[PDB]
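Structure note - bortezomib (bound form) present.
Proteins get letters first, then strands, A, B, ... in listed order; numbering begins at 1 in each. If you're wondering, the header gives X-ray crystallography, 2.8 Å. Ligands are counted one by one from 1 in listed order, and the atoms in each one are counted from 1 as well. A restricted portion of the entry is shown here, and the contact count covers that portion and nothing more.
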Amino acid sequence: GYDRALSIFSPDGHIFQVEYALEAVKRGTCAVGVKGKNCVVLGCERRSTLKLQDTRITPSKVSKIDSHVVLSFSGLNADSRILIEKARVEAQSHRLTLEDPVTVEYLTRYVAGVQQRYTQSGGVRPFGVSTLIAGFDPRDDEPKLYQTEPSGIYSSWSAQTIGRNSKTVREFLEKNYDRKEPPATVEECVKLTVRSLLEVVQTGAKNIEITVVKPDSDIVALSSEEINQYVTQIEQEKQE
Amino acid sequence: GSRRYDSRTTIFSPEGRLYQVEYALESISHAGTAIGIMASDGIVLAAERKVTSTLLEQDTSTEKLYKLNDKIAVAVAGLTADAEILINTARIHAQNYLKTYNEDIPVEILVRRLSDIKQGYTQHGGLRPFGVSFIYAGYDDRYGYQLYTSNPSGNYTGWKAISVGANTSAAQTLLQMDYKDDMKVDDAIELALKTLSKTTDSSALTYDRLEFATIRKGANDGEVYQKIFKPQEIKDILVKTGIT
Amino acid sequence: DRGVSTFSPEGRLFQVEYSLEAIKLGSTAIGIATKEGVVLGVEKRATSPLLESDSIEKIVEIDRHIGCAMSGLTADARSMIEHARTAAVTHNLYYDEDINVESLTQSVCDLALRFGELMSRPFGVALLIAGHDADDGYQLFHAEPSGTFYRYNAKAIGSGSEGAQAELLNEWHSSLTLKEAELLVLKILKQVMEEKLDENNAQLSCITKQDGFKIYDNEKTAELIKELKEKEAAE
Amino acid sequence: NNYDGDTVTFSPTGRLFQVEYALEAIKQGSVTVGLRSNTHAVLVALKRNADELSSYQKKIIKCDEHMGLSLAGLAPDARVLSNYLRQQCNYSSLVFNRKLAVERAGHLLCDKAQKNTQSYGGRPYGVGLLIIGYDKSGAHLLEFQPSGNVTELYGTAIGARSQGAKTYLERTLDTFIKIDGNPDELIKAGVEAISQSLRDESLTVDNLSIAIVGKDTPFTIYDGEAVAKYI
Amino acid sequence: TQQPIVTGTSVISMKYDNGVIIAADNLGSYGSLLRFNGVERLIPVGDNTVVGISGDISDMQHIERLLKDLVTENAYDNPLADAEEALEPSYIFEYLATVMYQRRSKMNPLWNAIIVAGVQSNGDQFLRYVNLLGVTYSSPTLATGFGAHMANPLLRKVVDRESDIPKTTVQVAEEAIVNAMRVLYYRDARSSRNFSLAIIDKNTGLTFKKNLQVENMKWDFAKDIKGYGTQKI
Amino acid sequence: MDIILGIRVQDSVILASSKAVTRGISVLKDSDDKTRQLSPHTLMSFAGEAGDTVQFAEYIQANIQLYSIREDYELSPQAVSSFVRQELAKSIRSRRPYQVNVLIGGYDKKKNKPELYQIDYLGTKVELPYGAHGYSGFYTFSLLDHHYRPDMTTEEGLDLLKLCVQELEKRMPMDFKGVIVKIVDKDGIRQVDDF
Amino acid sequence: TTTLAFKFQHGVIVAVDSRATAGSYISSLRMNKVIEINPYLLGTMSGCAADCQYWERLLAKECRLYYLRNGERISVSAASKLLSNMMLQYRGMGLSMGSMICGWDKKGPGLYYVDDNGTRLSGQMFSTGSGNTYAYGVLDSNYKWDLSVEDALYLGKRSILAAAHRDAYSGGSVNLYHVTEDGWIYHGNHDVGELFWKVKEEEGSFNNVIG
Amino acid sequence: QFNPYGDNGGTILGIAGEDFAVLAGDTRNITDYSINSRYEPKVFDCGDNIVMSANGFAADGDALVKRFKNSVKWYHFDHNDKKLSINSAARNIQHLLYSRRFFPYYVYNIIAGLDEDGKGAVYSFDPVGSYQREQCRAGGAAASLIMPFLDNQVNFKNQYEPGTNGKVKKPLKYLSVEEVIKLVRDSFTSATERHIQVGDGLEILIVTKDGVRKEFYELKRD
Amino acid sequence: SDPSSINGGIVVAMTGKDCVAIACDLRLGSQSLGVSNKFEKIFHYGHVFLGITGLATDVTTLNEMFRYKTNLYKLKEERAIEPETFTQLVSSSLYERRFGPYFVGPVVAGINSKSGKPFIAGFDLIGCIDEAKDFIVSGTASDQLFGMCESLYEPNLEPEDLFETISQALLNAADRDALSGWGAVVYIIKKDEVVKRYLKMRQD
Ligand SMILES: *[B]([O])([O])[C]([C][C]([C])[C])[N]C(=O)[C]([C]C1=[C][C]=[C][C]=[C]1)[N]C(=O)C1=[C]N=[C][C]=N1
Ligand SMILES: [Mg+2]
Ligand SMILES: [Mg+2]
């Protein structure tokens, strides 16, 4: 078999293949995650260079791993399918062997472990993908939001963004998001998520996707018109 | 040892691109243009054969349009030999699904499976990727008529109208201009041929330089029919639309 | 290119030496061993204020009598911890007893040089393994990706290591109490850290014979930080 | 230069640079001395510390009741090779009810190290070993190099500044060989030999490591206050 | 799993003051057919060990080759192959015992019963038994098959316990062995008159006697035996 | 285990399964639910060798739940039954076959029809209006052959099911400790708590 | 062998005998048929002693690893399932094990029956071994959810006694356990010989026996 | 058909004192109605103040002991010459036996020594690996003959105090090494009389904090 | 116990003048118990017809297998498979399981689309081809079918006459078999039209 060590250390102590995988993430479309008091919202950019697209059948950016956990990403699209598939298999495997659904922290730890394994295994390259994993643990009303990256490190976030121009939207979130008082309702949480994407997106038409996840496996994706109403209200307040 | 001669086909550039995928796409940009257009009552697949000869046996020839099953077909752009490897795998996958569930495979599931195979060659194994881009035209009872494309990266997307191969930039602009949502198959046939006629590198668009196919519910009652056009039938539709 | 297991003209493995450079870029971790217990402390180093700092887990339990702190590419440590926990519990299964801290450390270090063309590269993380057993008492080990491990009375690893090690050179003596060691880790962490040390961006832990391995609460550490400030202002 | 990228490549003068670079790792390692009489064989090792807070790296490893070695270079490679010896000593006992001859133990180490010098992908061992033992033909001392070369000697030394101890043993050859039935005097000669390789530092209680094997003496290692007698 | 085809019967042995004696007949039986009359079942290993084998002859010939190869292998890179690092009886036995137990553990045994007789470096007598099951035991007298039932009782009258060994001479021991072989010829239906005998002494070394015969047999009384009860003529 | 019955009526499928679990000569449990929900509109009851039953059922459940998440779509009862049959037909020529018989009751939301499939451990699939496994059919099929109509209501299906259970309770030598009854229709799966 | 376990208002009672037999020969008078997996988990043993000891001690390894990975105690439901899955790997290979996994977790008290076939059953009350029928007789007629800790301990003790008397392969002594939310509590070793005579006099039972 | 198992007879006996332990066993080795050896040692000093005897099928007994002795050697190598405690040795042996769950070592095994508090300890094993600590245990051919005697004379079973008539038991007073060795010798002398596989010789190994001592006694040779 | 007679069933095929006929019963049982009266044993892949008797799980499995293989054949060859070619495919497929066979008795029937020649064939469970001119029988009442076919059959029968002959052969053979019956189907096959008829028979 092909055993060639592709991810290796350089004289200055860097693994370039892992670092170049982060550059692939930088190229990817922007993704954002914001957790409110009783919910988590996942926002995703859709680049409008591609029109004549069939939005019914085109792979959506946010993927359900189980009925209570979702996963969005930034980077190589093809790579993300492999992580999602593995995550979905592990989710059913956990239910089968332990008789409880996975915690959001466990699922994140697994996906992060897969990414890490591909940084010190022969014949393979790292995943050019960073993920945002969100949801609610079984019989728990505390929101969960985690991030992973090609190196395999993961951590929990009150709010986080990844992908192209993520530096800008993170700047916005850092000054707008208050920890002592997070978005109390679904409206406030979605509004803040749309606002953050409007710093980067371009047009607020079909370029913004929003997915709300509430406790007890209550997951819904907002439509174009519902999002468009947020876009309208934000700019009308801005004209002042 | 052997390391000396390894090109390392599955690595990132400093900019975060996959070298071999990008170069495979460069190869595909020189291949004959293939166009797919989805309508409310069917799908059209049109494709241009590359600089042919008068001594080529056209009626028994197939380089662009292939049948995966009774409901799904593909248009090819790139290395034909590479495409046939993948096509036979896709045909088997469709039959595996049918044997397991006793239902015809949903279009997206087949597309995802092929796209995952392509992805694998970019991440592990040390082999060159498949220099092929597909346009999938298919039907199932969930989403109805569907158009997809896949490329050597293993990334796939859905479309109302799309082109692959040569002059896609020019072709996509022309499709974006004249396409409408309430369009029908007969209109889509005309759009596909008109687009090829303007984007072609050849002097004139003739029947012997084309492969053509439709997927219609224009089959007797609730069912779907695949029509791979014969040379004489391509010649007739060229006269009908007013190109020759 | 060149082999992964290649020797340099000086007689060192290139890849092992390069992994050591990655460890120098990691966040600081300090360990101090006393006769009342071993203290482990780390710099969390959150990249952003929105990152919930309590999710940063750079101090980890291996067994009830063994703890572990890390520095460098921390993602690499997860499989090492998994092996360590398995080794510790497996020995308890085979021998109905706790495993020696040295024997545990040796088992972890056996993974280190299992790389070639097995895993494709050495680990990019160093570990401070602290624990207690009946034979050798309270112990602190430093486990490198070279497969080598040294026992230490006190040790610092990470970006502020050589500055912290010089400070540990002067401060450590064989009669240190646990409380004195706690304040000493906090003192040296505060010295080498970029940001101002508090209960949210730094973490303490210890291992004692009675209570075993314990990670300190943020409320408990906050009091030890306040106690440190007052005793430094006292002279 | 162009021929040191891997172990599978000869240079134009017929040299194997990766093996030579592995040999270099031994020279960087701390000094260790070996010597024997007709009744006993002794290992003496200068242990090295990282700093004042750190412990002193162990240099001597037991392989069987009648055999063991001291190391200089990459310690993990010594662990691998000593583990192999332990297994081979143990295979000889379990299958043949026979204590493994020291000469045969050397032949096995030679052949194990050699395979790593002729194949692609692997690397040579980065450690030198001094094996002592007492078998049916009396006391023995072996020197192992990771090139594969194993040599039976009356006495020797490897590591940094080992040339000083080796010259001393070359002068003392006729004296220490005759030290029969006196373990303490044989160790003294070893401690005096390793002293010729010291600079700046001297032999302290947690610095010195000694091992001995003989006629009615199982392989035993002395550390700590057990070697204060010889300081 | 197999069945033994061509077989060898009893192997008998005993310790005496300065060494050990071992003996076995020269027959290779094929069931009830006394097929092969020139089979050597005592196999010397060096000048200090004799391995006596009973049971399947094809497996015996296999063991004979293992021992021959063992000698060859011991000489490799061994300047003391004919001195301090020569093969000992205890080494040879433990090797065989390892092989026998491994083969039984794979359910494919060597269908044999083996006695290793010899003298060690320090002059100590070695006498130990091993069989197809990997079962091992040692005793002042040892015998396989029928020998266990008929020879041991006779030999144990000479050396009943460990303290009788120094009191037993080579002349007395050989006399007992030769008598035992005669008794086995009277009573074992798979035995032959021709046999081999080997003595391993710590002073005089290995003495290997071939083409021995059972002699001084009592048959004359057979003439007086008539019928099975009442018959007089 | 012992008893599993199934009946497809106008607008639903009803599955009845015994509650008993026996080990040696002792009845360990009299409230055992011999069924697993494969999807919101598909229920599978099972009976066969001890251990194998639950482990097979849960393995099928996991595969269907995985499919549902991957495609964000519920498989038709026909598709599920074919998948299950293939797994059993695969199993019968294995080193150690899974000795499990199943009934799959589902409501097809596309066709708006209830569907009942009977599959034995060999992988023998049949679509039926009513079915059973083991000896259950020997006692009950004569009643079902007589009383069954395809336009029956759910309440009429339950009454005919009660009659089948009464006949079993009279003529079977074994005490199966009653049955748990579940109904599968357009609104999903629910359990009849009083039977 | 007779083992039992039942849930009640104040947790779960666990009682076992201590006899081990090799044919008709009583090999052991005092065999420990309970395993302390953790301070909140117990496991009973019936069938092959070797199988019971090995696999339940291996369960304890796997339950301990769960705590280290998750920083939280394993549930009774999850522990019982790990054990049943082990049994399913050696499916038909001839293992003989009948065990009840008893404990307290976040759902409250938990009790699962698990055997060599891979069977895994949740329930309020179970009894395994050659004398389980005798134990069930006493349990079924005297069990209530509203039992006091003192009476519940006696019921389990008295139920084992009933089996030890009649079943030839049950006896020796009674080991009692009580599982609370603060962990399991050992309630001693009780010789059946002495316990029998005591119960006879105090309770008035076993009238047919002379003493 | 090939039968990989056999029966070499023999009987063993372990008794745990207050600060000592004994492991005894006869020296007779047999097959069917023949004697192989009148003196074939069966109880072994395995190191670390532990004694062991695997009774039953000799070939499996010799292999197990050999492996355990090997396990002690590697325990020293791997864990810095640490002493293997009797409880740790017992658990290790369980895993050695269960490694052949589907092709067992056909032996009843006993080990004896001192626990970590200095008190006498005996552990007993079945062929598949079930083990447990005991005060008293006879194993092998004549195990059923000896155990009842030890229940009576070591644990004072069915023995009450005169005058009380069954009300008060005989108190469980500890036994000295000299008293234990008497019970061992009388056990084997009685077993020799009524069991054909028991006889020839008796070898006893006594374990104290001072070390391992041996004692040998003749038995009837018929 | 005997896999070939657990579920029961029969298949018979006949040649006529420019036509073929293939018929089967509808019973599926579990030994004595009748389970289904709608278990059809005849399948078709284009214009080639395949009847399969024996173990029902293998009947279902093989149908799904030959559907799989004929669908790929058609995609590659760009034409429907012919009876002669399909017969070889059935034989190949069965013999590849020589030492772990499908417990079946297949029967092929059809008309070559090019030559127009009627074709029938029978197989044993492991692939041996019986290419008969007159008729082929299979199932638990194969002895009964042989007796009926051998007496009732005559060559060159017209489609509507052949229907009566094969129907009466099946019906009366099934009525002397406990494991066959519970309905019956007959396929009449011509070069470009196929008629399927369900027969009325006793339901015991
Ligand atoms: B009990 O009878 O189930 C008991 C439980 C075990 C944990 C000690 N088992 C045994 O007594 C078995 C025999 C048996 C008797 C009745 C039913 C089932 C099994 N004996 C052993 O497990 C055994 C093990 N080693 C030595 C002697 N006996
Ligand atoms: Mg006797
Ligand atoms: Mg009938």
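For bortezomib (bound form), every matching ligand or chain, copies included, can be listed as ligand 1. The name UniProt gives to the main binding partner of bortezomib (bound form) in this structure is Proteasome subunit beta type-8. At a heavy-atom cut-off of 4.0 Å, the other chains in contact with bortezomib (bound form) are listed as G, H.
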